[PDB]
Each structure stands twice: as structure tokens, then as C-alpha cells.
Enquirer: 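Today's structure: one with S-thalidomide.
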Amino acid sequence: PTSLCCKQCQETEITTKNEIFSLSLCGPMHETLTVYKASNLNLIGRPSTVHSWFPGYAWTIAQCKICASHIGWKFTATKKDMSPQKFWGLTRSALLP
Ligand SMILES: O=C1CC[C@H](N2C(=O)c3ccccc3C2=O)C(=O)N1
Ligand SMILES: [Zn+2]
């Protein structure tokens, strides 16, 4: 009901609408959902900063633990003075609804 599930297998809740937050700027200074918390995702490999969509963070591939659908990434801060230190960037089209 606030629940966002893996579109491919529909088994797993990956996150909730309660966890959604925005890193995009609202003044003169979409496709990827950013949430504080997620569940039922397996991380693949090790963090990388290459081509990072969120400067200051590294990314690790995150896939549904059941069906292995590539749902998004875990982003982890490269510096201690950043907040949050970690979040999830999820491909919207990989989630239901
Ligand atoms: O923050 C991110 C997450 C990883 C994402 N990524 C991809 O989706 C991708 C596909 C193929 C080759 C290389 C990449 C890449 O770095 C990307 O470009 N930036
Ligand atoms: Zn799945």
C-alpha cells in the first residue's frame, strides 16, 4: 500500500514510499528513486566511484534477492562529513507500482 515491490517477481518489498527522499535541488542551482532504506536486495561486488550519478558517493550494484533483477544501487559516501552516509538509488521502472 505504501509498498514498492520488485516488478519482475512481485515477491519482495524493496522499499516503501515512506523512505523516499530527494537529493535534487529545488532552486536555480525523475527516473531514479532515492530512498534512505531498502530491503531484500543483494549487493554485488565492491563500491566504485566511476561515473557516479551522485558526486561524493560510490555505487554498488543491488539486485532482488529472489529473482536477481537489477533494481538499483547502494550509494555510500566517500567522506565522513556527508549525510546521508548511505542511501539507495532505485530504477523506478524496476518497481511496482
Ligand atoms: O552512479 C552510477 C551507478 C552505476 C552506473 N553505471 C551503469 O549503469 C553502467 C552500465 C555500463 C557501464 C558502466 C555503468 C555505470 O557506471 C553509472 O553510470 N553511475
Ligand atoms: Zn524479484
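Each residue takes its place number in the sequence, starting with 1. So this one's X-ray crystallography, 1.8 Å, going by the header. Both counts, for ligands and for their atoms, begin at 1 and track the order of listing.
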Enquirer: Where, by number or letter, can S-thalidomide be found in the structure?
Expert: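 The relevant parts are ligand 1.
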Enquirer: Mind checking something for me? Which chain has more close contacts with S-thalidomide than the rest, going by UniProt?
Expert: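 It is most in contact with Protein cereblon.
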Enquirer: Using a non-hydrogen cut-off of 4.0 Å, what is the binding site of S-thalidomide?
Expert: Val50, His51, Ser52, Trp53, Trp59, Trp73, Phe75
Enquirer: Which organism of origin does this entry record for chain A?
Expert: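 For chain A, the PDB records Mus musculus.
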Enquirer: Tell me, which protein residue and heavy-atom name are nearest atom 8 (O) of S-thalidomide, and how many Å apart are they?
Expert: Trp73 CZ2, 3.9 Å
Enquirer: For S-thalidomide, which atoms have a heavy atom of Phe75 less than 4.0 angstrom away?
Expert: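 The list of qualifying atoms is 1 (O).
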Enquirer: Which UniProt domain in chain A is home to most of the residues around S-thalidomide?
Expert: cult
Enquirer: Give a yes or no on whether atom 12 (C) of S-thalidomide lies under 4.0 Å from any heavy atom of the protein.
Expert: no
Enquirer: Any protein heavy atom lying closer than 4.0 Å to atom 17 (C) of S-thalidomide?
Expert: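 Yes.
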Enquirer: For atom 5 (C) of S-thalidomide, which protein heavy atom lies nearest, and how many Å away is it?
Expert: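 So the nearest neighbour among protein heavy atoms is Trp53 CZ2, 3.5 Å.
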Enquirer: Does S-thalidomide come near enough to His51 that some N or O of the ligand is less than 3.5 Å from an N or O of the residue?
Expert: yes
Enquirer: Would you mind pulling out the UniProt (S)-thalidomide-binding residues of chain A that have any heavy atom less than 4.0 Å from S-thalidomide?
Expert: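 Counting heavy atoms against the UniProt list, it comes to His51, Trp53, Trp59.
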Enquirer: Under 4.0 Å from S-thalidomide: which other ligands or ions?
Expert: none
Enquirer: Of all the non-hydrogen atoms in the protein, which one sits nearest to atom 15 (C) of S-thalidomide, and at what distance?
Expert: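 Protein heavy atom with the smallest distance to atom 15 (C) of S-thalidomide: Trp59 CZ2, 4.4 Å.
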Enquirer: Looking only at distances, can you tell me whether any N or O atom of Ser52, backbone or side chain, sits closer than 3.5 Å to an N or O atom of S-thalidomide?
Expert: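 Such a contact does not occur with S-thalidomide.
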Enquirer: Filter the S-thalidomide-protein atom pairs down to N or O on both sides and distance under 3.5 Å, then list them.
Expert:
from, atom 1, to, atom 2, distance (Å)
S-thalidomide, 1 (O), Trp53, N, 3.0
S-thalidomide, 18 (O), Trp53, NE1, 3.2
S-thalidomide, 19 (N), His51, O, 2.8
S-thalidomide, 19 (N), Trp53, NE1, 3.1

